[PDB]
Amino acid sequence: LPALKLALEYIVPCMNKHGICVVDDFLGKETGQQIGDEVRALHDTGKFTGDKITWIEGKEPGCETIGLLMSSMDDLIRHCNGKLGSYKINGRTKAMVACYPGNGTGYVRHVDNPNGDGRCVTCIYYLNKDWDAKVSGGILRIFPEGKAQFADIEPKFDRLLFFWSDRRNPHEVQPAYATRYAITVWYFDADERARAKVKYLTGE
Ligand SMILES: Oc1c(-n2ccnn2)cnn1-c1cc(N2CCOCC2)ncn1
Ligand SMILES: [Cl-]
Ligand SMILES: [Cl-]
Ligand SMILES: [Cl-]
Ligand SMILES: [Mn+2]
């Protein structure tokens, strides 16, 4: 589907019904591999003589295709104009470009935004080519609040994931046995983000 059709026919009704939406084959193989090359360049540096996080705006040298990813995410969110709950999405974070070690470590269950920090939608893009979660792990488990079911989401290559960032979606990540990368972006609700910012002295 084109971005308009995908947003209105799939992403919007999926998010309002479930709070979780998976889009597969988001950018295609060639672009996905290019993003992987850029991400590995950021994190796979050598040496002279937890996890790794970098925050990317999208116009840094060697990050142009990460920027294309962010523009593509922005395109989908824009076409959701005012249809994602009651939110008015007026901005987002930088891209969190993460490298997660394959050392048998998982991520404890948590809520991204538990206390009204302004973030209403979490977007995650998975860029590890030919990742087989059945063999290598790394599955995301989301527990939508009050539902009888929970969801396991495999970090499949070129997969885009949306979910509500607030207490509706506690989530945990199972351990993995190879290095993997994911890029996360959070979209802000205008009113909540404004309220969260009033406490600061001109300091964001
Ligand atoms: O890194 C992840 C994963 N994950 C792990 C492996 N695969 N996916 C799932 N949530 N999550 C995360 C990270 C985060 N940070 C990271 C440290 O800086 C501050 C903000 N804030 C909220 N959620
Ligand atoms: Cl939790
Ligand atoms: Cl966290
Ligand atoms: Cl902000
Ligand atoms: Mn999280």
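Chain A is numbered as in the PDB entry; shown residues: 188-236, 253-407, in order. Technique stated in the header: X-ray crystallography, 1.8 Å. Only this structure's heavy atoms are used, side chains among them; waters, hydrogens and symmetry mates stay out. Read the numbers this way: they start at 1 and go in the same order the structure lists the ligands and their atoms.
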**Report entry** Name in UniProt of main chain bound to ligand 1
**Finding:** Egl nine homolog 1
**Report entry** Drug or drug candidate at ligand 1
**Finding:** molidustat
Query raised in the report: Which residues in other chains are near molidustat, meaning a non-hydrogen atom under 4.0 Å away?
Result: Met299, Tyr303, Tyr310, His313, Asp315, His374, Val376, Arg383, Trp389
Report task. Could you tell me whether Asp254 and molidustat have an N or O pair separated by under 3.5 Å? Result -> no
Query - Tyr303-molidustat polar pair, N/O distance under 3.5 Å - result: yes
Query raised in the report: Taking a heavy-atom cut-off of 4.0 Å, which of the residues UniProt lists as Fe cation-binding in chain A lie that close to molidustat?
Result: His313, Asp315, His374
Report task. Report yes if some N/O of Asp315 lies less than 3.5 Å from some N/O of molidustat; otherwise report no. Result -> yes
Query raised in the report: Which residues overlap between UniProt's 2-oxoglutarate-binding set for chain A and those with a heavy atom under 4.0 Å from molidustat?
Result: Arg383
**Report entry** Main UniProt domain of chain A at the interface with molidustat
**Finding:** Fe2OG dioxygenase
Report task. Number the atoms of molidustat from 1 as they appear, then name those within less than 4.0 Å of a heavy atom of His374, with their elements. Result -> 10 (N)
Report task. Find the other ligands and ions that have an atom under 4.0 Å from molidustat. Result -> ligand 3 (chloride ion), ligand 5 (manganese (II) ion)
Query raised in the report: Covalent bond partner of molidustat: which residue and atom, or none?
Result: none
